Amino acid sequence: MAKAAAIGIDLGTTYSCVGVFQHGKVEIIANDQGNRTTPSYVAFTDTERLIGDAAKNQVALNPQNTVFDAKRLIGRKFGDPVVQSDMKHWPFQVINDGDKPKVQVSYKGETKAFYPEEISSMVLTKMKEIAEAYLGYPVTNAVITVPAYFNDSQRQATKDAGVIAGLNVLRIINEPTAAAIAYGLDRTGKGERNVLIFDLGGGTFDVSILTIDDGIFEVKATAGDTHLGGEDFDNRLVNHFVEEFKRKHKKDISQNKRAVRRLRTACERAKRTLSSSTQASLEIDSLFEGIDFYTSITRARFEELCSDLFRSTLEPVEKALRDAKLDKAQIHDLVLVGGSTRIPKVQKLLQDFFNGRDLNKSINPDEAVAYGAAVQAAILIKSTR
Ligand SMILES: Nc1ncnc2c1nc(Cl)n2[C@@H]1O[C@H](CO)[C@@H](O)[C@H]1O
């Protein structure tokens, strides 16, 4: 029953996703708000602890006690230059506990501090409860994914987050490996298969090159930008609309924190619409000083606003090919991962770079990793019996 069941979890930097392989198909499980992905956010309030959508929805009102980006800290030492650099951009406090970072917050009126693995375990607990609500019984066996460049310390702290959350961790697998499994790229028979995974998420960009030789996976190269993602494109839209509001009304809104946040969430929504329509409309009642902001933007203007950012995704692709010592024609498969790969201009740029090649994109890109993890979790639990 439950002992023969296993889930696949994509524990992402900004969003997490959970899947289950049953009756010959993967089911990506919707949360209690009907969303197939859940924000990797944990909020600490005066009465409760919030995880996911409810935590992301109150981030504006409670920025000091709303934790996110725990995956940027997991398995790292406080002194690490990555930690020191990132800390300058977070509104929550990061403290040092014997060269280990802890996030310090106010919870139910008391000062509390948590290890990144304790924060990630609260995200994992929510994903576990989402699966349990869908299945009707508690499931404890899980496959959890990590980026291909995670070292032993980051993988061990991710497994520890799984243990704290009450999960039996069957395996820690690489995110590009889970994506290649989702597309059945390890079941093409004999001979080495070279796969490039193009993963553009909410806050990170990763390029991975894998060789699959008779079911065996090998990471040939990893490249990317840890600080490039969908949120930079939302910010380019924000800057445009701040300048358009100034041209129409002769008023600078940039300093009004509420106006900028409402504009940011509307821009994110308009950006998503621009992936399937050639225009999107913004409808913000009383944006600033009682002034409604009802406007629109074409996909052409959006592509101009992010042009330099979209083009920058091709340098890590070339860098990964040179590190792997492979030419473009030596890559058998191109796989899209991350919600931002839905942007038509991004697909066009990657397709033209690979001389007009077809892209593997039929699986929801923000769901492909959980999909593959769910497939692996089913194979692993079946072999365990
Ligand atoms: N339809 C879309 N068109 C463009 N961007 C999208 C889309 N869906 C998501 Cl999710 N994202 C973005 O992907 C990230 C999460 O993986 C977020 O930045 C989200 O806005």
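Here the PDB entry sets the residue numbers for chain A, with the shown residues being 1-385 in order. For ligands, and for the atoms within them, numbers begin at 1 and follow the listed sequence. According to its header, this structure was worked out by X-ray crystallography, 2.2 Å.
The molecule at ligand 1 is the drug 8-chloroadenosine.
Ranked by contacts, the chain bound most extensively to 8-chloroadenosine is, in the PDB entry, Heat shock 70 kDa protein 1A. Not one N or O of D234 is nearer than 3.5 Å to an N or O of 8-chloroadenosine, by distance alone. Where the criterion is an N or O separation shorter than 3.5 Å, residue side chain and backbone included, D366 fails it with respect to 8-chloroadenosine. Close contacts between 8-chloroadenosine and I343 involve ligand atoms 4 (C) [criterion: under 4.0 Å to a heavy atom]. For 8-chloroadenosine, the atoms closer than 4.0 angstrom to any heavy atom of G230 are 18 (O). Ranking protein heavy atoms by distance to atom 8 (N) of 8-chloroadenosine, first place goes to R342 NH1, 3.0 Å. Checking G202, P39, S275, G338 against atom 3 (N) of 8-chloroadenosine, the nearest heavy atom belongs to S275. The shortest N or O to N or O distance between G339 and 8-chloroadenosine is under 3.5 Å.
The source organism recorded in the entry for chain A is Homo sapiens. UniProt lists residues of chain A as binding ATP; of these, a heavy atom within 4.0 Å of 8-chloroadenosine is found for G202, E268, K271, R272, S275, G339, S340, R342. Heavy-atom contacts of 8-chloroadenosine within 4.0 Å involve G202, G230, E268, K271, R272, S275, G339, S340, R342, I343, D366.
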